[PDB]
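Entry featuring KB2115.
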There are 2 protein chains.
Amino acid sequence: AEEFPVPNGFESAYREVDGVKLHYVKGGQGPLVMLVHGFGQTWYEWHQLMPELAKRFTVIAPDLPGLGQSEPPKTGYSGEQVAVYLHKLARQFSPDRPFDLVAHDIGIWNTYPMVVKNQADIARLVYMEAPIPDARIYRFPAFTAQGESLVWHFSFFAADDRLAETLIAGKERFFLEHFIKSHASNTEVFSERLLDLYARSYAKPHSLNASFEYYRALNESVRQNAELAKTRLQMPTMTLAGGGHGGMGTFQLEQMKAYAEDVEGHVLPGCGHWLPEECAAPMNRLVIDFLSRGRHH
Amino acid sequence: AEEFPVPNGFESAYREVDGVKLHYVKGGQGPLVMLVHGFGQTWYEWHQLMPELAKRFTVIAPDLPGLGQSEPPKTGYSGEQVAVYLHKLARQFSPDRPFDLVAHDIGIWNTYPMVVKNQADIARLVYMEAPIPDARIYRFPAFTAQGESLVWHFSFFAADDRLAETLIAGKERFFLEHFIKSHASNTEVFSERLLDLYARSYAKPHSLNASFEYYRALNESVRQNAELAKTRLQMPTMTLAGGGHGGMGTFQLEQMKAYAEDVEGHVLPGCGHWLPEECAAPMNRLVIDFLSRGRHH
Ligand SMILES: CC(C)c1cc(Oc2c(Br)cc(NC(=O)CC(=O)O)cc2Br)ccc1O
Ligand SMILES: CC(C)c1cc(Oc2c(Br)cc(NC(=O)CC(=O)O)cc2Br)ccc1O
């Protein structure tokens, strides 16, 4: 069974990595690029970019552990633990050559440690729409002069006693529509049909729980990254962020400058958090062009 | 029926104020002291203090509009709008003398405008455990290195789509217990019976909504207060705050120093946010002593 429609000419399959069955969608030929989704979504956020990249690359888009059709992690949900699964998965498909990495939202949290620990394995890097977990996250406001803060959910999801699962169970579809639209500028792209697809996936009880465990592990990830960040990234890096409602604006590039020696950043006007769907044309173009500076076919 | 047991020597009663039926509990003899509760609670949080104060003062403890047994406001939930109801209620019982005001939590938000605009009506002021709404609240962090913030609910409650009512309905007791305990040092004072009573009251659909409408009006309250604060408070003021887990610590007095000419403050070690219940004896002592410096029975 498939939760989301696979693009024509791609395959949906699984690889067991360290005892965990990871779902991925793969297509194309050439050097490998791995696309890693974030919270509220699955590999499917990349389904418009995938066919375009597959003209020049082998493209793989996994479901994060516990989300989509991937089994929960057996170790834990901190960035360093999850990154092991992702690094090993990618290296199964590209054992002898570096691969490219594109990550959105908590995809960043779940890949940063494997990038810094295996720099030679990463040719080029694109990060969009989430802070790397570090002390900067403790400075985000709980409440703003415009109202509902964009990261209040960090505390909601991290709260003990399964506060978030308990309140959200049975109302997953309602909650996700609010969360997604509240973080968007171009809300019109989030049709009821599309929201139904994403909600059905994260409503699986293990997936709802997994979602929140990433936040319960956030402070551990921050502690992990305080050590890891002693070495700056050396590979070409690009950041993207939305400049509209819900977007991170200038924060993305500014933080990345502290992490990377070679970084270019873009803020996309009139686009919020959900770049691949809110602003498919300019986002896809930026990603394709950036990755095409390296060898492809 | 009554939602909470009325102390001997007191009466549960109602008054119409600008077309809104307000509930209160009243007893005692002497000059008037009005005690105003906050979020998650009702007049009943004052039930231990009331008998002691009633030896020296006439004591009135209203339910905030929409909460407890009080009708919702017909104007709105902003601080300036709600304060009109509370000011006029107090003046119905103390038309010829100033009265004292003690407020906890959002009782502060709902009284500050009438205090600054009618200073001749306020003999002495006691504020505990909430910021006066101003730009300071925009600095509180969304997330902490120890986990959930004490104020992420500002955004949860202010959010549109009736997010809070929709998620909390059917789980009102569960949520309130979590909220109370996360802001408490001394959780033992919150018996199953006490939590049941508070949960049942705010679970009334108009009360659950009313609760959150206070937060949906918070930015408006901040804008209102930016103008009102041009005039400093001149009456003798005392602040109280908890020094333990869940408490506001030095913030209460330090903020008040910017608003009031004559202020003294105390921080109570070993006490959290819910001062009248967690630390009834020393809080009661401090309030009774401070108010008893003025004229009484
Ligand atoms: C990942 C996702 C949910 C998301 C998080 C966001 O957090 C931020 C917030 Br709130 C506020 C700021 N600006 C500050 O000045 C805060 C500070 O550092 O003091 C910066 C950021 Br970054 C914003 C958008 C967004 O889509
Ligand atoms: C009323 C209630 C819900 C509540 C609100 C609270 O908010 C906060 C407050 Br106040 C002050 C700070 N920070 C400082 O004092 C540091 C400084 O400003 O120097 C941080 C926070 Br977070 C805390 C406890 C509490 O129980």
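Within every chain, numbering begins at 1; the chains are lettered A, B, ... in the order of the sequence lines, protein sequences first and strands thereafter. When a ligand or atom number is given, it counts from 1 through the structure's own listing order. Method of determination (from the header): X-ray crystallography, 1.6 Å. Every heavy atom of this structure was used, including side-chain atoms; hydrogens, water molecules and symmetry mates were not.
Taking the chain with most contacts, the partner of KB2115 (ligand 1) here is, per the PDB entry, CFTR Inhibitory Factor (Cif). With heavy atoms closer than 4.0 Å, the chains neighbouring KB2115 (ligand 1) read A.
For KB2115 (ligand 1), the atoms closer than 4.0 angstrom to any heavy atom of A/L150 are 3 (C), 10 (Br), 23 (C), 24 (C).
Counting heavy atoms under 4.0 Å from KB2115 (ligand 1), residue A/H273 touches it through the side chain alone. Against a heavy-atom cut-off of under 4.0 Å, A/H153 is close to the following atoms of KB2115 (ligand 1): 3 (C). Given atom 5 (C) of KB2115 (ligand 1), the protein heavy atom at minimum distance is A/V151 CG1, 3.3 Å.
For KB2115 (ligand 1), the atoms sitting less than 4.0 Å from at least one non-hydrogen atom of A/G246 are 24 (C), 25 (C), 26 (O), numbered in the order shown with element in parentheses. Taking only non-hydrogen atoms, the option from A/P141, A/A241, A/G247 nearest to atom 11 (C) of KB2115 (ligand 1) is A/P141. An N or O contact shorter than 3.5 Å is missing between A/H183 and KB2115 (ligand 1) by distance.
Remark: KB2115 (ligand 1) atoms within the under-4.0 Å shell around heavy atoms of A/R139 are 16 (C), 17 (C), 18 (O), 19 (O). Where the criterion is an N or O separation shorter than 3.5 Å, residue side chain and backbone included, A/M248 fails it with respect to KB2115 (ligand 1).
With a 4.0 Å heavy-atom cut-off, KB2115 (ligand 1) is reached by no atom of A/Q252. The contact set between KB2115 (ligand 1) and A/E129, taken as ligand atoms under 4.0 Å from a residue heavy atom, comprises 1 (C), 26 (O).
For KB2115 (ligand 1), the heavy-atom contacts closer than 4.0 Å come from A/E129, A/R139, A/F140, A/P141, A/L150, A/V151, A/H153, A/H183, A/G246, A/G247, A/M248, A/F251, A/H273.
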For KB2115 (ligand 1), list all ligand N or O to protein N or O distances below 3.5 Å, rounded to 0.1 Å.
residue           : atom   : partner : partner atom : Å
KB2115 (ligand 1) : 19 (O) : A/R139  : O            : 2.8
KB2115 (ligand 1) : 26 (O) : A/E129  : OE1          : 3.4
KB2115 (ligand 1) : 26 (O) : A/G246  : O            : 2.4

